[PDB]
Trainee: 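One structure coming up, written as C-alpha cells, with questions to follow.
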Amino acid sequence: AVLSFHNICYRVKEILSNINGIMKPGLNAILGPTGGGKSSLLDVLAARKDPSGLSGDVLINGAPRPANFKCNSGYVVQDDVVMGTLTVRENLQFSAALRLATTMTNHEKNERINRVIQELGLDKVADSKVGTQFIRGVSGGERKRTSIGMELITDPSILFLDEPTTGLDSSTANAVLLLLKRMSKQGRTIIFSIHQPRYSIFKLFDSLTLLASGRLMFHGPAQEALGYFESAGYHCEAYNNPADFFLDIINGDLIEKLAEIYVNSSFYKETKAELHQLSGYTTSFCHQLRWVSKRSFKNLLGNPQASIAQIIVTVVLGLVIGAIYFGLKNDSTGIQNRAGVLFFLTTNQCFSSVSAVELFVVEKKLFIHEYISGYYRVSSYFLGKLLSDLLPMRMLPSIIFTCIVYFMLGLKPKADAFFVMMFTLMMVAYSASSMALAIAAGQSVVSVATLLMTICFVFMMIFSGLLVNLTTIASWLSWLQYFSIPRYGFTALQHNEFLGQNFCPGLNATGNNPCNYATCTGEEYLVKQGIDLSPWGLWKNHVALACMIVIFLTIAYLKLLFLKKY
Amino acid sequence: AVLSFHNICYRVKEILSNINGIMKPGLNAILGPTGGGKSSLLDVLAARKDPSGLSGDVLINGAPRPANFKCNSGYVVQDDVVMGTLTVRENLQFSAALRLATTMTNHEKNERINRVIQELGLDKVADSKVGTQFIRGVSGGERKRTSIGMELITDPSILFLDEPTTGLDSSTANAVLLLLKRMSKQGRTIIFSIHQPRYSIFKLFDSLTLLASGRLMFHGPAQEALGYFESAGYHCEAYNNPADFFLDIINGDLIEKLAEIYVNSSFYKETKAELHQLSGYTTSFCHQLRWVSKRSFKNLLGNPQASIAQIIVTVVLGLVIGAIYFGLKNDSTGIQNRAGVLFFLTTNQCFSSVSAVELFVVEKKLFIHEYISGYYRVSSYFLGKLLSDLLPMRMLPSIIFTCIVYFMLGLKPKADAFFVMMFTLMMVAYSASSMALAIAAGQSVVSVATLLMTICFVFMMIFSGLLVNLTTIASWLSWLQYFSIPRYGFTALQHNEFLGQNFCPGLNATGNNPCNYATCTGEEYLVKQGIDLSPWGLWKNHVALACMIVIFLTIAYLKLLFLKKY
Amino acid sequence: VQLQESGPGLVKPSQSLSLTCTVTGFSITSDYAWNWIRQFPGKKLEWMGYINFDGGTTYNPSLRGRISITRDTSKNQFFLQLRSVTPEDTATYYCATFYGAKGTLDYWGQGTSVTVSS
Amino acid sequence: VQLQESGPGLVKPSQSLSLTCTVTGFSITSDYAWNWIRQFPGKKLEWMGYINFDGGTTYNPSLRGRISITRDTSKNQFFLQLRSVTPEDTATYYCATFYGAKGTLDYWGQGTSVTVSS
Amino acid sequence: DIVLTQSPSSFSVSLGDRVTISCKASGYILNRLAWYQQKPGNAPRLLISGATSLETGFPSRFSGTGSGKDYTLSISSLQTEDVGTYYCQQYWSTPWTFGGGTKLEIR
Amino acid sequence: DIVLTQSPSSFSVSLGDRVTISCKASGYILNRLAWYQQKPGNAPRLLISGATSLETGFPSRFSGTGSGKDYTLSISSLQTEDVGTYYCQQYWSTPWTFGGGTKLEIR
Ligand SMILES: COc1cc2c(cc1OC)CN(CCc1ccc(NC(=O)c3cc(OC)c(OC)cc3NC(=O)c3cnc4ccccc4c3)cc1)CC2
Ligand SMILES: CCCCCCCCCCCCCCCCCC(=O)OC[C@@H](COP(=O)(O)OCCN)OC(=O)CCCCCCCCC
Ligand SMILES: CC(C)CCC[C@@H](C)[C@H]1CC[C@H]2[C@@H]3CC=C4C[C@@H](O)CC[C@]4(C)[C@H]3CC[C@]12C
Ligand SMILES: CC(C)CCC[C@@H](C)[C@H]1CC[C@H]2[C@@H]3CC=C4C[C@@H](O)CC[C@]4(C)[C@H]3CC[C@]12C
Ligand SMILES: CC(C)CCC[C@@H](C)[C@H]1CC[C@H]2[C@@H]3CC=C4C[C@@H](O)CC[C@]4(C)[C@H]3CC[C@]12C
Ligand SMILES: *[C@@H]1O[C@H](CO)[C@@H](O)[C@H](O)[C@H]1NC(C)=O
Ligand SMILES: *[C@@H]1O[C@H](CO)[C@@H](O)[C@H](O)[C@H]1NC(C)=O
C-alpha cells in the first residue's frame, strides 16, 4: 500500500493549508513543533478525521480509499490504551476475537496470536500481567509493544503511530524503534508522528515530512533533510541533533517564508509530477457481547481493590447501623427511629451511586478508539459494559444491607416484606446509577459531573419527604416532588413497613382514636406524609422507578450514539 | 563564593558513594540519569537535605558551611512557586518585605526591586498580573524569570537551580539560560541540575558533574566530558547530543565499571589535590503576620471563581429554602418543618466545610520552600493563612443564610434569637473547618484527605439527633454523641427556636397536657430529644464548640511544626 | 361558653363588612380556637378561618387577602373584617368554637343574615 | 378492671416463681397495657414490666433475663415468671392496668405476698 | 382539599324505618369525620364525632360506621324529631370541608 | 433513668392544719407526675394525675402545683382519713420510677 495526499485542507482558520506527497513502503515520519500539524495530519491520513474539511483525494494505489478502510487499517494510539487488569495474552485474544473472521477455528486464531507474540518479542512475557498501579506491572516498553501488538493481528499493510515515544525514558525508545524497523523490513508502510527525536532514531528514516504551523515546510526522503537546509543558506554545525536543529529553525535559527521557499525546491516538482502521473460488520451481535462482557467481568474482578472496598464499607456500615438501631421499639421513638433508618438507607444508595461516574468517563478514550477502529457497535458495547459492571456491583449491597440490618433492627417479620424491601433497595440503586450514567455519559471530565450529581441528589433529598412535609408546599412548586428518586424509594419502604404497626402503649387507636394529634398508628403517619394505603400505592413507586431506569438508560445510549467520535 | 564538597555520603541504601570537587565562580551544572545524584547532590549542597545522613564535609571558602547559609543563598525551585493572582511587582514586593531588613525604608526596598526588575528583563510586565488558570497568564518563561527574581532581592552569592528548563519550549529555555549566564558573569556562582539539554545550552557551561546511580562518573570542565569519554575507548558520531551521548553511555551504547574508571584519571587527582590543600527572627511577629495576611487577601480577591461561587450558591440556597419552607405554620407539620430546616442548615455548614481541604494542601510546596528559605515562622504563617483565607470566608454564608431565611420562613422574631442563630451557625462552620484543617494539615493528596472527612461527617450526621433518638441508644455506644459537631449546632438551634411554642391549634397545653402522646409544645419536643431547658443548656453547646476549635487548631499547628520539612 | 353576634345586616357592594361577637362564660385567651362559618342561600356551608387562643390566625385559602379576624382580649370579643364585598356574600355567619383535643366544632353562635346589595 | 392475682406463697432460691392475674370485666387484647409491680419490705415500689394489648412486652432493665410476662387470651389471663429467684426479692406483687391516653396506673390488683426461703 | 360527597342529596322514608346516609370522601380521612344535624332556622348541632362516637343529648339510635374513604350515618327507626339536613364534616386537613347535606323528608 | 426524691421522708402534722409534700425530680418531667396514697396493707390508689388534675373520688382539699423539676402536693385542712404514705411517680420515660414515700403522722 502506497498512500498519497494532494491539496488536503482541513477546516474546523485552516489548520492544514496544502499538503502533497506519496508514502512508499518503508519507515516514514511526520515531525513538527507542537504548534505545527503533527497531531492532525495523521488523523487526516488515517481517516480518523471528519471528511467535511478535507478536499484532496487521499488515494491508495490509485483506488480512492473505500469505506472499509478503517477496519482494514491499524492506528496505534499516542499513549497506551491496554487494560492493566488482564494479562498480555488476554489482551491479544480480546483483540483477535472481534477483528478476525468467525468462520475460522480457534486453532488458526491462537496460531496467529502465537506468531504475533513470538515475533514481537513478548513471548518471554506472554502470560505476565500487563499491570495496573496497584499490582506490579510490566515494563513500559512491553506495554507499548502490547499496544503495537493489538493491531498486527488483522495483518494490515499500513500502520499509523501517533507519538510512540512520548512517555518513555530514552532507554526503551531505541528498542521500540528497532522493533518498528524490523517490522518494516517485510513490507509494511509505517507512518508515525514524533516529538523531538534523537539521532539514534532519525538515522533509519525513509521519508521526512515537516509540518511547521499548518504548512508543509518539507516532504521528501529523510536522509536529504540536512542537505535541504545547508543548500538554503544556513550552516551545518556539529554535535547537534539535526531534528532539534529543524525544530530550532522554526524558532529563530518567517513561517510564511520557508513555506513559500519549499514549493521552489525540486522535492516538490518531482513528486508533483509523479502524482500527476499516478492520477493519470465482521462479527455477530451475541459474539460482540460475549467478549465485551467477558473482558469487563475480568477487569472488575481483576481489580479487587474498588469492589472489595465497596463490599467491606457496606458490611461495616450495615453492622454499625444495626448496632445503633438494634431493637426498634413500638413507642414514641419508634416512628422517628424507623423513619430515620429508612431515610438513611434510601439516601445511602443514592449518594453512593455517585461512583458510577467512572464507568464511561474513565473509559471514554478506549471506547472511542475501539469503536472507530471497528471492533463492535455502540449497542453491543453498552450492553456488554452494563451487564458486567452494574448488574454484579449494585446488586450486592442491596442484598447485604437487607440481610444484615433487617433482623438486627427488627423490621416486619414476614416472608414477602423482606423481599419487597430488598427489591425496592435494588431498584433505587439501579435508578440512581442510570441517572448518574445519563448525566455522565460522553463527558470527558469527572469533576463537573460529580458536582451536578451532588446538587441533584441534595435537591431530591430535600424533596424526599422527611425534611419538609410534601403536603405543605405551595402548589406552584409541589410538582417538583415527582422528579426525585429518593422519594419513590422512601415511599415504598415506608409503605412496606409502617402499615400494620402501633406506637402508643396501652392505646388501641384502630377503633376510635381519642385526643387527636397523637399519631398513634402507622396509617395515620402514612397519610400525614401524603401516601396511598392501597397495593397500587406501594407498586406505583416501583413502576415509576422502572420508567426512570428506562428513560435514563435511553438518554445514556443516545448520548453515546451521537458523541463526537472524530 | 567557592563551595567545596568532599567525601559526601547519604543514606535513609547509601545513595552517594563518594563525591569530590569544588564549584568555582562561573556557570556550572550537574547532569545525568534520573537515578544518579542529580536531584540529590544539589539538594545536599544547598543544605535542604536532612543533615543526619551527610558523612562528608561541605565548605564555603574553606570555613565550614555557616548557619545563615539558607538565608544567604538562593535556591530557585524547579517548577513555579509564585502566586498566580498576585502581580510580578507584588510578588517581588512580598518576597522583599519579609527577607530584607525592616530598618531600611520602603524607598530603598523599591529601588532594589527596580534594579532587580531591570536585570530580570521584566520592565514591560511588572504592572500586569502573572496569571492563573482562569485569568490570561503571562508566558511561562516570564513566570520562571519572576520566580528567579524573587530570590535576587536579598542579593545572595550562591544561586541554586534545579531543572530550570523543564516545562518550556526550545527557544525559551535558551532565553532562560542566556539570562542565567548574564547573571553568572557577576561572580554569582550558579549551580543547577540540568536534564537532557540540546548542545546549544551545553556550550555555555564552566564545570560539570555526571552522576549515574549514585556515583561520580565525571567531574570537571564541561568542555572535557566528550574528551574524557573519547580517550577511554569510545567513539562519538556527529549530529549526536553530547548530553544524550552520555545518557546513552550510561546504558551501554556497567555502572560499577564506569564508576571506577574515573578514580584513575587526572580529573580526580587534581580535584582531590586542590581539596586536600584547601582542607589541609529577622522580622517582628507582627511584620510577619501583616504581610502574610495581606498577600493571602490580595490572592483571594484575585480569585473570582471560588469566592463568587460560594456567595452565589449561598444566596441561591437561601432563596430556594425560603421558598420551599415559606411561612412555617404552628400545626402538626410545624415541628417536622422546623426540625428539617434547622437540620438542613447545620448539615449544610458541615458538608460545605469539606471544601477547605485545599488550604494547607495545595500550597504545601511553597510553604516548605519559603520556610526553609527563612521567610517567616510557622506560627506567623499559620495565623496569616488562617485570618484571611478562612476567617472572612466562613462568616459570609452564616450571615446570608440567617438574614435571608429568617423572615421568609418566619422564625422567632426577636432581636437576640436572630443573633444567637447567626452566632451558632458561624461557630459550627468554624468548628467543622478546624476539623477539616486538623485532618488535611500535612497531606500531599486531596482524595485520601476528603474520604475520611466525608466518612466522619456521615457518622456525625447519624449521631446528630434527627435520624435516631439519642436517648434510645445502648450505653456501651451512647457516649459517642459527644464527638459530633452537627449535634451541638443542631441542639443550640433547636433550643433557641423551639422554646416558647404551641403546635396544637385549640389546645393550650402549657399547664395540664390532656391526653399525653400529643407533643403540643416546644418544651415537650425538646425534652423528648434530650436537650436542656435552662440557659446553660444553650451555651454548653457553644463552649464545647469553641473548645473543639481550639483543640483542633492546636492539632493542625502541631502537624505543621513536626512536619518533615527536610 | 356562649357567643353573640352583631353587625350591619346590609352592606353596599365593593366595600367592607365588619361583624363582632361577644364570648360570655369563657376567656378567649384561655383555651380554644374561634372561627367563622358562613351558610349560603341553598344551605351550603363554608369555614372561613379562626383565631387561636394565643393570637395566631388561619383562613380559608379561597379568601386570600379578603378576610381578617382580630381580637379584643380586654372585653372578650373577636371580629370578622371581610373587605371588597360582593353580592354573592349573602349568608349567615354563626361564629363557632373549636376545641382541638376532640377536633369538632363544639359550640355555635346564633347566626345573623348579612345581605349585600345596593 | 377487676384484676385478681394467684400463685404460690413460698419458693426456694435458684428456682422460678410464677404468678397469674385473671381479668374479669374487660378483654386483655382489647385496649390497655397490663403491668406487674412489687413493693419491697421497707415500702419501696418497683415497676417490673408490662404486656401490651397486642402482645408486645417491655421489662425493667434491672430485671434482665430473669422476667417474662405472657398471656392466654382465652380465659383473660396474663402470667409473670420470675426466674433465678433469691431470698432477697420477698416483695408484695400486684398486677395493674395502664391506659396510655391518661398515663397513670388506674387499676391495681389486691396484693399477693410471695416469700422466698430455703 | 378533601371534598366530601353525600351522593343521596335527598331521602324519603316513613316513620320507624331504618335509613343510612353515605359520605364518601376524596381522601383518607382516618375517622376524622363528624356528623352535624341542622334544623330549620337554627345553627348546626354536632351529632357524631370521630365517625363512631356519639355526643350527649342524643339517643343511641344514631350510629356511625365507616373506614377509609367511606363512612355512613345510620338512623334506625327514625322518629318525628329526625327530619332536617345532615352535613358530614372532615377535620383532618387544614380547610375543614362540609358535605352537601341530605335534606330528609317524610311520607 | 429519672430518679425521684422526696425530701420529708416523714412528717408530723397537727390535725386540721395544712401540709405540703415535695417531689423534686432528676430530669425534666413536664407535668407527667402522679400521686398515690397507700394505706396500711393495700395497693396504691391514684390521687392526682398530670400533676394538676384530681381524680374523681378525692376531695378538693388536695392540689398539685408543679413545674420544671420541683412538683408539690398540698393538703389544706386535712382530716384523719389522710394519714398514709404518699408516693409520687413519673410516667414520662420508659422505666416508671416511684418516690421513696413520705409517711404522715398526727401528733
Ligand atoms: C456511601 O457514602 C455515603 C453515604 C451517605 C451519605 C454519603 C455517602 O457518601 C458521602 C450521605 N447521606 C447523608 C445525607 C446528606 C448527604 C450529603 C449532603 N451534602 C450537602 O448538603 C452539601 C452542601 C453544600 O453547600 C451548598 C455543598 O457545597 C459544596 C456540598 C454538599 N455536598 C458535599 O459536600 C459532598 C461531599 N462529598 C461527597 C462524596 C460522595 C457523594 C456526595 C458527596 C457530597 C447533605 C446530606 C447519608 C449516607
Ligand atoms: C445549588 C445551587 C446551584 C444552582 C445550579 C443549578 C444546577 C442544576 C443541577 C443539574 C441540572 C439538573 C438537570 C440537568 C441535567 C444536566 C446534565 C445533563 O444534561 O444530562 C441529561 C440532561 C437531559 O439531557 P437531554 O436534554 O435529554 O439530552 C439530549 C440527548 N439527545 O438532564 C437530565 O437528564 C437529568 C435531569 C435531572 C433533573 C432532576 C431535578 C431534581 C429536582 C428535584
Ligand atoms: C428524567 C426526566 C426527563 C423525566 C422523569 C420521569 C418521571 C418524572 C416520570 C416517568 C414515569 C412517571 C410516573 C409514572 C406514573 C405515575 C403514576 C401516577 O399515579 C402518579 C405519577 C407517576 C408516578 C408518574 C410521575 C412522572 C414519572 C415518574
Ligand atoms: C427494569 C427494566 C424495565 C429497565 C431496563 C432498561 C434497559 C435494560 C433497556 C431499556 C431500553 C433498552 C434499550 C433501548 C434501545 C436500544 C437500541 C437497540 O438497537 C439496542 C438495544 C437498546 C440499547 C436497548 C437495550 C436494553 C434497554 C437499555
Ligand atoms: C481529639 C478530639 C477529637 C476530642 C474531641 C473533644 C471533645 C470530645 C471534648 C472537648 C471539650 C469537651 C466538652 C466541654 C464541655 C462539656 C460540658 C459537660 O457538662 C458536657 C460535656 C462537654 C460538652 C464536653 C464533652 C467533651 C468535649 C466536647
Ligand atoms: C383494637 O380495637 C378493635 C375494635 O375497637 C379490635 O377489633 C381490635 O382487636 C383491637 N386491637 C387488637 C390488637 O386486638
Ligand atoms: C394556658 O393555660 C394556662 C393555665 O391553664 C394559662 O396560664 C395560660 O395563659 C394559657 N395560655 C395562654 C397563651 O394564655
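Below, chain A is the first sequence line, B the second, and so on; all start at residue 1. Atoms within each ligand, like the ligands themselves, are counted from 1 in listed order.
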Trainee: So what drug did they put at ligand 1?
Mentor: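 That drug is tariquidar.
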Trainee: Report, by its name in the PDB entry, the chain making the most contacts with tariquidar.
Mentor: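 The main binding partner here is ATP-binding cassette sub-family G member 2.
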Trainee: Can you tell me which other chains reach within 4.0 Å of tariquidar? Heavy atoms only, strictly under.
Mentor: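 Within the heavy-atom cut-off of 4.0 Å: A, B.
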Trainee: Which shown ligands and ions, other than tariquidar, have any atom nearer than 4.0 Å to that drug?
Mentor: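 Nearby: nothing.
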Trainee: Do you know the source organism the PDB entry gives for chain A?
Mentor: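 Per the PDB, the source organism is Homo sapiens.
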Trainee: If you number the transmembrane segments of chain A the way UniProt does, from the N terminus, which of them put a heavy atom closer than 4.0 Å to tariquidar?
Mentor: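 By UniProt's count, heavy atoms that close sit in segments 2, 5.
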Trainee: Curious here: most residues of chain A touching tariquidar, which UniProt domain are they in?
Mentor: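 The answer is UniProt domain ABC transmembrane type-2.
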Trainee: Extract every residue of other chains having a heavy atom under 4.0 Å from tariquidar.
Mentor: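 The heavy-atom site around tariquidar is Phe344(A), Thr347(A), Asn348(A), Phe351(A), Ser352(A), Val354(A), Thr454(A), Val458(A), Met461(A), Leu317(B), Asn348(B), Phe351(B), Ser352(B), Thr454(B), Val458(B), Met461(B).
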